[PDB]
Enquirer: 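Please read through the structure below; I'll follow up with questions.
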2 protein chains.
Amino acid sequence: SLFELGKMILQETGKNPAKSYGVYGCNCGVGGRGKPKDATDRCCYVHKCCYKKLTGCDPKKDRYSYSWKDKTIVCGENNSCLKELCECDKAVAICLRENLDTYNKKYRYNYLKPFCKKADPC
Amino acid sequence: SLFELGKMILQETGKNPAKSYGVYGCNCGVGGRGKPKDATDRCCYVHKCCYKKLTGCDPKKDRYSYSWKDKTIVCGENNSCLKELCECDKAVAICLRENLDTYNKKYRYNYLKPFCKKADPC
Ligand SMILES: CCc1c(C(=O)C(N)=O)c2c(OCC(=O)O)cccc2n1Cc1ccccc1
Ligand SMILES: CCc1c(C(=O)C(N)=O)c2c(OCC(=O)O)cccc2n1Cc1ccccc1
């Protein structure tokens, strides 16, 4: 679900998910994928490519369970579709955390998103 | 295409179309439709509904020709899909101009688009 994804991004990056990443670059938030603009954008590219491989579940709405073992996000069992989905959300939240220092606020509100260059079908 | 649409919006409103409207409200720019926030937003809602009926061409990518008869945008060669595409774009550019008196910069970069209340069927 969008609300579990936002929780993980807030806990991993310390930033508000919607404001800092909701319109970021060519891949983060609304819209689809495009030529990634930096490391942070590449994370959202892989995450959207991750979402594309889910067959029988709705990433935006279908909820899932997850827990925290020390600093590690643990995805609880709940069908392979929701497991991979939690693993997609864990992946992007860790990814955004790992590349915080290359975050660039000049791509935060990318109002040229539809004019991004084409990308590959994942 | 988006190139002709942006040209119309610039000519009618005098504003940078991508910066001013690319992420505006719940309906303008990248993303889908949602509960409109104001009159400018409702222009984009109507325009997206207009695009929905163009099942025979690509509204974002397919180029077309237009010109001006005095102060009225005149859409050219009646290729059925491309003619109606041009008319969709002319309608929103005039709608945006006529509603500049309530344009709200607070909605310009709506990073909360995915949390907009769902819209009615077109
Ligand atoms: C990176 C943050 C992100 C997405 C990403 O992680 C991303 N890959 O862009 C994403 C998104 O992507 C999934 C998809 O397109 O279906 C769709 C919509 C919003 C999206 N926010 C912003 C957000 C997430 C959670 C709570 C509040 C705001
Ligand atoms: C309101 C302006 C607008 C769209 C609208 O007119 C609107 N109805 O939102 C729209 C758009 O809409 C079509 C759709 O979503 O399929 C999609 C993508 C960008 C869109 N920009 C911004 C823009 C348009 C043209 C040139 C440069 C920027």
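Throughout, a chain's letter reflects where its sequence line sits, starting with A, and its residues are numbered from 1. Below, all heavy atoms of this structure are taken into account, side chains as well, without hydrogens, waters or symmetry copies. Counting starts at 1 for both ligands and their atoms, following the listed order.
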Enquirer: Looking at ligand 2, which of rotundine, varespladib, ganetespib is present there?
Expert: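 It's varespladib.
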Enquirer: Quick one: what's varespladib (ligand 2) bound to in this structure? I mean the chain with the most contacts, named like UniProt names it.
Expert: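 Chief contact partner: Basic phospholipase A2 homolog myotoxin II.
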Enquirer: If you measure heavy-atom distances to varespladib (ligand 2), which other chains fall under 4.0 Å?
Expert: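 By heavy atom, the other chains are A, B.
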Enquirer: Which residues from other chains neighbour varespladib (ligand 2) at a non-hydrogen distance under 4.0 Å?
Expert: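 The heavy-atom cut-off picks out A:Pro114, A:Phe115, B:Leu2, B:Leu5, B:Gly6, B:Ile9, B:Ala18, B:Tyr21, B:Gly22, B:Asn27, B:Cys28, B:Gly29, B:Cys44, B:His47, B:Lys48, B:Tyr51.
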Enquirer: Could you list which atoms of varespladib (ligand 2) come closer than 4.0 Å to a heavy atom of B:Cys28?
Expert: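 Answer, ordered by atom number: 9 (O).
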Enquirer: Polar-atom distance check: B:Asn27 versus varespladib (ligand 2), any N or O pair below 3.5 Å?
Expert: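 Between B:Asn27 and varespladib (ligand 2) (N or O atoms, distance only) the closest approach is under 3.5 Å.
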Enquirer: Any N or O on B:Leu2 sitting closer than 3.5 Å to an N or O of varespladib (ligand 2)?
Expert: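 There is no such contact.
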Enquirer: Please say whether B:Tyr21 places an N or O atom under 3.5 Å from an N or O atom belonging to varespladib (ligand 2).
Expert: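 No, there is no polar N/O contact under 3.5 Å.
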Enquirer: Quick check: what organism does the entry name for chain B?
Expert: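 Per the entry, it comes from Bothrops moojeni.
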Enquirer: Is there a polar contact between varespladib (ligand 2) and A:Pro114, counting only N or O atoms under 3.5 Å apart?
Expert: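 No, A:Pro114 has no N/O under 3.5 Å of an N/O on varespladib (ligand 2).
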